[PDB]
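Here's Acetylcholine receptor subunit alpha with carbachol bound to it.
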Amino acid sequence: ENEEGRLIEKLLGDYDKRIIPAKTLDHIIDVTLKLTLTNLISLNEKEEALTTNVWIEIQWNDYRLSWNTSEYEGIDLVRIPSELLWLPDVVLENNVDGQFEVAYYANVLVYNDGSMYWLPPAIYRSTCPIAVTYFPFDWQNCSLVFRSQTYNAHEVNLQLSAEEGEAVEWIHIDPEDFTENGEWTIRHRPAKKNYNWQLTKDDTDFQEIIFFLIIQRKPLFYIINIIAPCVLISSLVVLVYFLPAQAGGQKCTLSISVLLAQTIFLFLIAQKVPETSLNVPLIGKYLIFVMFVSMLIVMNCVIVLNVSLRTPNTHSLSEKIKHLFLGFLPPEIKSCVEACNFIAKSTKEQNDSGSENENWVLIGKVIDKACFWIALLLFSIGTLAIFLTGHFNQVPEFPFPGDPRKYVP
Amino acid sequence: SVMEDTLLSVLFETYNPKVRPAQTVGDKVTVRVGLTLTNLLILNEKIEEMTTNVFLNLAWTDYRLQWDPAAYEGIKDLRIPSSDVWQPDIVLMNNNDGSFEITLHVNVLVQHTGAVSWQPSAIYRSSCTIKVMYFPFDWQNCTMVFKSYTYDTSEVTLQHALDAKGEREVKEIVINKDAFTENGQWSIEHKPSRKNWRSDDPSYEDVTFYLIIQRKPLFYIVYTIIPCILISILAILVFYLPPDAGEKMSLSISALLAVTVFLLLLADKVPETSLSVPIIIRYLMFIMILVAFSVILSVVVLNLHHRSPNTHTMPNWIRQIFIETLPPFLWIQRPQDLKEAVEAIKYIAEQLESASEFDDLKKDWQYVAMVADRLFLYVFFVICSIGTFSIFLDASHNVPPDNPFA
Amino acid sequence: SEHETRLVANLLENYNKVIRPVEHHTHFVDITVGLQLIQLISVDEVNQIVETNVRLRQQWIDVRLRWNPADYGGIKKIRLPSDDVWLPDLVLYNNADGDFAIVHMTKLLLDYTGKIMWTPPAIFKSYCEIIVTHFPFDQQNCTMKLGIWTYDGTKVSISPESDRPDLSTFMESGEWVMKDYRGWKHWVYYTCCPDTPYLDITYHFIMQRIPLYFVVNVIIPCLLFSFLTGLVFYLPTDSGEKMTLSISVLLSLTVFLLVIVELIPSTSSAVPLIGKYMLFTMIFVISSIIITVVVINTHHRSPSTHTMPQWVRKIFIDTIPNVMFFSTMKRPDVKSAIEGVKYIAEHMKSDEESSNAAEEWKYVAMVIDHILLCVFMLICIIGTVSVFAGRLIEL
Amino acid sequence: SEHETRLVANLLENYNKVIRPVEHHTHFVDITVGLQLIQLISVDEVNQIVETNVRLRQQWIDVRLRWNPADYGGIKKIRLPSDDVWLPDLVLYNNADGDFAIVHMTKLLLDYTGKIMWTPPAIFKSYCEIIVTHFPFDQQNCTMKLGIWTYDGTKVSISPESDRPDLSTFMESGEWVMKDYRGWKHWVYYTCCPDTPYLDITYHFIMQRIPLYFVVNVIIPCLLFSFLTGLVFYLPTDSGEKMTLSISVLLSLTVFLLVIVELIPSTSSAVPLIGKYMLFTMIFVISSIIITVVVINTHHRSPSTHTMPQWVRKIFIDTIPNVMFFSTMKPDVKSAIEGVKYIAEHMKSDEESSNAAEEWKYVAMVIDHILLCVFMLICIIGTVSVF
Amino acid sequence: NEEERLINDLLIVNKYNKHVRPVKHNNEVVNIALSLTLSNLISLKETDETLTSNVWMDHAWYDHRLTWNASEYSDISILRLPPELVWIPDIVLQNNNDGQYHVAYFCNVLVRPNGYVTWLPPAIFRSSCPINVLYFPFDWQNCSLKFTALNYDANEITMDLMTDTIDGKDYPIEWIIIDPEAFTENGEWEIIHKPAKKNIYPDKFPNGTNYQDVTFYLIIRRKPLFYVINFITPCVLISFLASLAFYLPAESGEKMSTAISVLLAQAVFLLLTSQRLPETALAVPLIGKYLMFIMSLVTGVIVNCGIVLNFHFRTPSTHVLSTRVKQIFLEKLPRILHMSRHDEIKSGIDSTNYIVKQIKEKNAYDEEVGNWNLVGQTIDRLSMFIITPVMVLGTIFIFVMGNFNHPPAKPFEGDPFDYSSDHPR
Ligand SMILES: *[C@@H]1O[C@H](CO)[C@@H](O)[C@H](O)[C@H]1NC(C)=O
Ligand SMILES: C[N+](C)(C)CCOC(N)=O
């Protein structure tokens with residue numbers, strides 16, 4: 001016969017699960033927490049939520065559920081459904097949804113001395129305020145805040161689990177069950193007991209256990225798929241300085257089209273970053289910079305076209321301008337005779353007008369070359385600087401800058 | 001009333017709703033299953049599910065719920081909460097979500113002879129395999145498979161529901177004109193019902209309700225097909241523009257990008273199954289490839305138009321075809337001072353004559369370009385018209401069968 | 001049924017569902033677990049979640065629930081609510097978006113020998129490591145790890161029904177093809193509980209994506225624009241439209257890049273070949289734009305200020321044109337009047353000289369375009385043959 | 001604990017959680033209600049719903065749950081499940097996509113004098129009337145109307161715990177800033193129940209949007225493209241690209257306007273200033289396109305079919321050019337004899353026609369300089385005005 | 001507190017059965033008064049054809065088992081009981097979209113000493129509302145909430161509209177109640193009519209539960225300023241740009257670009273309009289009709305610009321200016337359309353004669369080209385005069401036909417009653 005049947009009937013008989021198991025008035029139940037991360041499912045940027053697949057290990061002592069193993073044929077561990085027992089209402093407070101408690105209410109391992117061991121699984125969605133300053137070269141500092149929803153520090157004493165005397169101050173990671181995210185690398189994973197000193201040992205919010213996850217984004221996907229195309233397309237603006245400054249040269253076409261492509265890329269980025277307004281993402285800063293540079297290049301194309309396509313009819317080529325831009329930066333017989341004279345004169349005048357047009361075209365070309373050099377320098381420096389400051393965003397060496405401890409097993 | 005309370009106390013004194021009513025071991029409970037459709041809400045093509053608002057007309061006999069009306073002040077039938085009586089676990093087996101059971105647990109009607117009738121309402125999301133071949137000129141064949149999740153043929157015998165005058169079975173979905181909203185995008189063509197078995201499983205039996213529905217494609221026509229017809233018209237036009245206009249590439253490329261954008265935005269509404277290419281996507285791809293070839297041929301015509309003796313020499317075959325043979329068929333027929341002054345006049349005249357010959361050869365090249373362009377115009381007009389007409393004629397000849405085959 | 005009513009009353013009269021169904025606490029419950037796959041609802045590549053419609057068949061013995069048919073009119077099987085009897089706590093370890101355990105407490109079948117068969121339904125939303133490296137010609141291998149949660153192998157033991165999950169009633173997907181599927185049993189030692197093994201059954205399915213939809217809707221337009229890329233070299237410079245063509249191709253490709261990036265997950269573990277090929281095509285179009293800008297500059301080179309280098313002339317007018325066999329290239333006041341005619345003649349001579357030099361420059365530009373057209377057509381065909389290990393052209 | 005077990009058994013033995021906690025039915029229960037805003041989860045402008053994470057603190061006295069601590073080992077407080085005792089039915093009147101009442105039945109704290117403290121959490125999805133006038137620099141005022149549903153003022157009375165909601169533990173939004181917040185108690189007479197008033201507490205939060213996401217993603221590109229509008233006037237007609245540039249600017253502006261249309265609700269109560277300004281910018285750009293087409297047509301006017309009118313020559317060639325300063329504008333021998341005379345005559349005619357055409361070109365140039373000056377003036381006065 | 005004693009007597013001592021109708025004889029009928037209060041018209045999703053409403057359902061009936069003598073107990077004149085302890089009528093929304101049939105919050109009922117029970121729960125309802133897109137965005141919709149009693153047949157409980165007293169005479173409440181103290185006015189939808197009808201279907205029987213219902217209708221008119229400002233004005237301006245594109249000279253080299261860009265903008269507007277409407281085939285939306293008409297017209301404009309360009313770039317080397325086309329496009333139409341307006345000497349003589357002949361031929365060629373240019377100008381002027389009036393008249397007609405669309409000023413066309421709160425019948 002299964003003696004567990006009569007043992008459990010004895011234990012749960014005359015047992016009230018609403019009563020905190022305090023032996024005396026001043027007894028404080030010590031509740032021990034330990035988080036085992038099995039999968040970092042995702043960090044939803046749009047809603048700023050970190051989803052994790054964890055096993056939360058909760059341990060306490062319930063003196064009511066203790067027995068003498070000799071009276072039950074050596075049974076020293078039984079499994080009782082958690083719905084039948086008193087539990088410390090340990091919940092994830094910083095949850096995006098309304099899910100405070102665990103997902104699946106597993107059984108509780110009850111040992112003969114009253115030790116209760118509860119290890120339910122959970123899919124936790126917790127708020128992670130996302131810093132976009134260095135997107136996509138960013139590292140996020142996500143937190144999981146655990147505290148009792150019901151009992152205050154005068155009743156329940158939350159603590160971190162300790163094995164072999166040493167406290168486990170980190171998110172445990174079982175090698176038998178763990179999967180790499182593929183987009184996020186877990187760099188640090190400390191855990192500490194925190195206090196809200198604005199409160200007192202009452203109010204149920206005085207004490208909490210915080211498990212941290214300093215995760216670094218892998219940017220190769222973002223580089224290859226967004227940044228490299230964006231830089232390559234933005235670099236096309238500098239080509240407009242080698243197109244002819246006349247009808248069919250298509251300087252403005254190229255410039256405006258590069259501007260439109262950058263706008264498309266801005267829309268593309270808008271689908272990847274959160275809609276918060278605390279900072280502009282690094283890639284967003286680069287996009288704004290290149291769009292402004294392309295606007296400047298459109299203006300310069302318009303100006304060079306205007307200069308090149310000038311004529312003596314509308315504009316006069318000043319001698320000072322010419323010097324500056326070309327010296328430093330770079331019966332029947334009489335009627336027939338009259339007809340011939342006029343023909344020669346008209347040809348000469350047309351040729352002179354053509355020569356003036358040629359001078360204007362040359363001035364345009366010189367301006368075009370100088371502005372090409374300026375634009376190339378500007379674009380190269382901007383790109384290099386922005387993505388170098390992106391590449392120099394290291395994850396801090398220590399989980400907490402003040403502490404000298406590494407918080408690793 | 002007091003007497004109803006007494007009757008309820010007597011009926012359920014020892015009644016176990018967990019036990020299937022079989023007055024003798026081995027008896028089978030006959031369950032009549034009928035479906036009433038109040039609204040066909042959605043046929044979501046992306047996830048391939050049909051959402052319907054239905055009543056599930058169930059009927060069976062429970063010998064334990066019998067009483068003599070004369071002994072209870074003439075009470076002949078009771079309304080009882082569904083959870084107080086045994087009911088067959090009739091569920092929608094092919095739901096797309098996890099919802100197998102009904103939503104609204106109405107009271108069951110129990111008559112004094114033990115006959116129990118139950119008409120719970122539900123919002124069922126049933127998986128429907130979508131045939132994308134003729135989208136949006138398509139008819140879908142969506143089914144709703146109902147059977148007892150728990151009891152097999154050895155325990156319950158599923159039957160068809162009876163009509164109002166319970167003399168003949170109703171082998172179809174019942175639609176109530178008073179309570180029924182037409183979809184507005186789908187028209188119901190057939191709605192049969194049929195009991196299905198499995199030759200490899202003698203314990204399996206279900207009642208399946210089929211909805212043979214036909215789509216009304218006016219939305220898709222107006223918002224995708226006519227704009228693409230206009231784009232194809234522009235693509236045909238590009239061959240009437242003269243090469244000197246400097247706008248041939250603009251027009252052809254604009255048409256190409258427009259049709260590509262139409263395909264990209266239509267990719268949202270079509271299903272993502274790979275068993276076939278919908279007729280609308282096939283038409284869009286045909287137009288896109290036609291416009292791409294229009295771009296290629298416009299580039300060729302522009303290249304031909306801008307040649308000259310200084311760069312190209314016209315080969316014999318080009319002159320033979322495009323100058324002589326095609327144009328008829330295309331209807332596109334086309335004192336030292338005096339001596340030196342004399343020398344200068346000679347030079348001017350020779351320059352003029354050489355320029356005239358050069359321009360004559362250039363005009364020959366431009367005429368070749370014009371003739372080739374006219375040929376392309378005719379060919380592309382024919383191909384575009386024939387292809388569009390053929391595709392849409394094939395689409396138009398796609399109607400559900402008269403016999404639902406079920 | 002009176003007999004069945006009495007039997008059900010007697011079975012559960014003094015039955016405790018919190019206790020394991022064993023006759024001695026030393027023994028273990030042997031549970032035969034069989035996973036039946038009904039439908040593959042979805043495969044969310046971006047979120048890396050696979051939704052499947054399954055039945056979780058479980059069988060075990062409960063000696064407390066046995067009866068003698070002769071005492072109950074010959075009843076040999078009954079249906080009991082699953083909430084009435086002890087049920088194993090079988091949990092899906094790799095759950096990502098759904099429930100860990102079974103939530104649809106359907107009725108179970110109980111024989112008179114105590115044998116129980118329980119087949120509840122479930123929608124499993126399990127984590128799926130999506131390998132976007134051959135997309136859209138990829139195959140996926142993601143699993144469903146099932147195991148008893150709170151009982152070790154010495155208390156409750158699970159064994160698969162068969163080496164493979166049951167797909168007898170599987171509903172064809174239309175987006176994926178089932179290549180292979182197995183169920184492997186594991187004895188896992190966790191750092192929580194290092195003295196006893198926990199039993200586990202991991203079912204895995206090899207899914208081969210059917211690529212027709214993605215081919216037609218993504219790849220064919222991209223290939224079309226890529227082919228049009230090299231067409232800009234056949235467009236003459238006098239047309240004044242080369243930038244139009246090249247830039248339109250580039251904009252189309254950036255839009256399609258937007259589509260690609262919103263198609264696949266952002267994981268960086270493996271570089272998607274579709275993304276790499278799109279980047280290479282963008283580099284291709286950018287090089288086309290750069291070199292056609294160079295050609296346009298060459299065509300419009302002013303002979304007055306630029307003089308053709310001897311090497312340029314030799315290479316692009318004396319040797320390369322002879323190599324292209326399939327191209328059709330070419331390889332008183334009366335005095336005042338007298339000086340007026342003089343001036344006209346001299347100006348025409350100078351104009352002819354300048355025009356001949358400009359025409360030489362244009363010839364060089366044309367030769368460069370022909371070279372680049374040949375090179376870019378060769379590169380495009382070589383590329384389109386060899387993408388996705390040729391699976392695109394094979395399809 | 002044995003003492004606590006016995007106490008809890010004694011308290012709820014004859015307790016009926018359907019009756020109001022009042023010694024006499026003519027009294028009323030005074031419930032101290034406080035709202036504690038934990039986090040502003042979302043603000044859906046299109047759907048006009050505000051989703052907030054709050055903790056609803058409620059306090060009242062239940063005389064039926066008294067005890068003498070000396071009789072129970074000196075116990076002075078216990079935690080009880082909410083389901084075990086009478087609870088007030090506070091309802092969010094303006095619920096839009098959530099629950100009307102509290103569904104998280106957490107445990108409540110019970111004092112030995114009968115005082116009860118209950119602080120269940122909730123996710124309120126309340127209706128929020130969005131004012132789009134100053135988007136994206138707008139501030140929003142929307143509220144949570146909490147009141148007892150079935151008990152009128154004479155049976156259950158609710159009072160605000162504090163003049164303001166508690167935001168001590170509020171998580172900073174990153175999209176919004178709480179400028180002000182307060183809670184007002186009201187006595188309301190409903191047409192259902194006209195004899196007695198129903199009490200409620202309306203908590204409102206004045207939240208100002210942080211306008212940097214939309215400045216970077218919407219306003220800056222729009223300003224860039226609008227500023228490119230004036231470049232058309234400085235682009236010469238000979239370039240053959242005025243219409244390309246102007247059309248591209250107009251298409252980009254309409255694309256961004258259509259994007260803005262997706263960020264705001266479709267209500268007609270107010271016209272957003274951003275939308276109105278974008279519409280005016282498009283009107284200006286289309287007027288500029290009209291004038292650019294007129295300028296292009298003028299520049300190509302053939303003197304053969306058009307003679308410059310006097311009112312055009314007097315004004316555009318003699319008046320504006322002098323006024324506007326910043327620019328830098330302004331045998332067979334007889335057959336041969338007849339032929340040379342004919343050539344000279346053709347040069348007569350060609351020179352005259354070219355002179356007329358150049359006059360037309362000059363008129364077009366002065367026109368587009370006038371437009372460019374107008375655009376620069378508009379831009380300067382606009383940029384000074386905002387500063 | 002004597003409420004405890006009263007409740008114990010009513011529910012325990014009297015053995016109240018929650019699952020029995022409150023009747024004394026089985027053949028009696030329970031009358032259920034029903035009324036609806038609209039506190040907020042949350043949304044009307046045209047794409048989903050769903051109406052979301054924040055309403056208060058008001059049920060009222062008599063339960064003879066919940067009567068008491070207010071004097072035997074203390075003067076208790078009212079009592080609040082949870083709905084799960086007393087019999088309540090299960091009135092459900094039959095035409096819901098989601099699976100929500102009942103009310104959101106099951107609040108307490110109010111019971112008076114005479115047995116009059118009232119129940120005023122709140123609810124968020126997502127009803128099915130077919131959308132008439134014929135006149136979008138100048139449309140009015142006719143949404144309904146149909147409530148049925150599926151737990152009992154018409155022979156067991158009778159639904160009714162709740163009555164109200166004004167001067168001692170009862171009049172039914174035949175409308176949705178809009179409480180000024182708890183109503184939020186929608187910024188997009190304006191409530192015109194809000195009648196309530198108690199429908200009976202004689203083709204059915206009182207045997208069953210499909211014989212009766214109470215339906216609350218909601219004729220709401222859209223406020224179109226948003227769509228007029230944001231969707232119609234830009235579209236109209238961009239469309240007029242097309243007609244303007246006829247005034248560009250053929251030499252500009254941007255006629256085709258302008259017309260094409262206008263067409264592409266119109267296509268974008270058409271696609272965005274498609275995004276906002278349900279995919280029903282009942283009728284094409286008014287704005288959809290306008291966009292299709294204008295896109296067709298702009299395609300005609302593009303084709304005619306192509307014709308103009310083809311005519312302009314003709315030359316004697318490839319085409320011949322026939323007399324018919326000449327007299328049509330240079331004589332008649334320009335006036336109709338009011339458009340503006342010793343051997344060295346011999347060699348020298350031979351060479352100058354050759355030069356003169358070439359110049360004469362060149363001038364004749366240029367004259368022919370000029371004639372072709374004039375023909376092109378005549379053609380595009382005629383095109384402008386023929387097309388721009390069509391554009392403006394079509395725009396005005398389509399957007400005046402929409403503006404001349406109002407709700408019918410009376411629900412239920414055959415019913416002369418106003419169904420207004422201010423004139424109860
Ligand atoms: C329905 O009503 C009709 C007409 O009174 C009657 O003949 C029939 O027996 C009734 N059936 C039921 C099931 O009430
Ligand atoms: C007061 N009110 C209208 C908000 C709710 C009415 O609830 C009752 N009194 O039954």
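Sequence lines set the chain letters: A, B, ... in the order given, protein chains first and strands last, and positions in each chain run from 1. Reckoned from all heavy atoms, side chains included, excluding hydrogens, waters and symmetry mates. We count ligands from 1, going down the list as the structure has it; atoms in each ligand are counted the same way.
- In the structure shown, the parts corresponding to carbachol are ligand 2.
- Lab note - other chains with heavy atoms under 4.0 Å from carbachol (ligand 2): D, E.
- The protein atom (non-hydrogen) at minimum distance from atom 3 (C) of carbachol (ligand 2) is E:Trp56 CZ3, 3.4 Å.
- On a distance-only criterion, D:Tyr190 and carbachol (ligand 2) share no N/O pair closer than 3.5 Å.
- In this entry, no covalent bond from carbachol (ligand 2) to a chain is modeled.
- In the structure, the transmembrane segments of chain D that UniProt numbers from the N terminus never bring a heavy atom under 4.0 Å from carbachol (ligand 2).
- Counting protein heavy atoms only, atom 6 (C) of carbachol (ligand 2) is closest to D:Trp149 O, 3.4 Å.
- As recorded in the PDB, the name for chain E is Acetylcholine receptor subunit delta.
- The protein heavy-atom contact nearest to atom 4 (C) of carbachol (ligand 2) is D:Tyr93 OH, 3.1 Å.
- In E:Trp119, neither the side chain nor the backbone holds a heavy atom less than 4.0 Å from any atom of carbachol (ligand 2).
- Contacts between E:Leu110 and carbachol (ligand 2) below 4.0 angstrom, taking non-hydrogen atoms only, involve the side chain exclusively.
- On a distance-only criterion, D:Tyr198 and carbachol (ligand 2) share at least one N/O pair closer than 3.5 Å.
- Binding site of carbachol (ligand 2) at 4.0 Å, heavy atoms: D:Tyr93, D:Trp149, D:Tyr190, D:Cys192, D:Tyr198, E:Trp56, E:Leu110, E:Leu120.
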N or O contacts of carbachol (ligand 2) with protein under 3.5 Å, please list pair by pair.
residue: carbachol (ligand 2); atom: 7 (O); partner: D:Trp149; partner atom: O; Å: 3.0
residue: carbachol (ligand 2); atom: 9 (N); partner: D:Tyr198; partner atom: OH; Å: 2.6

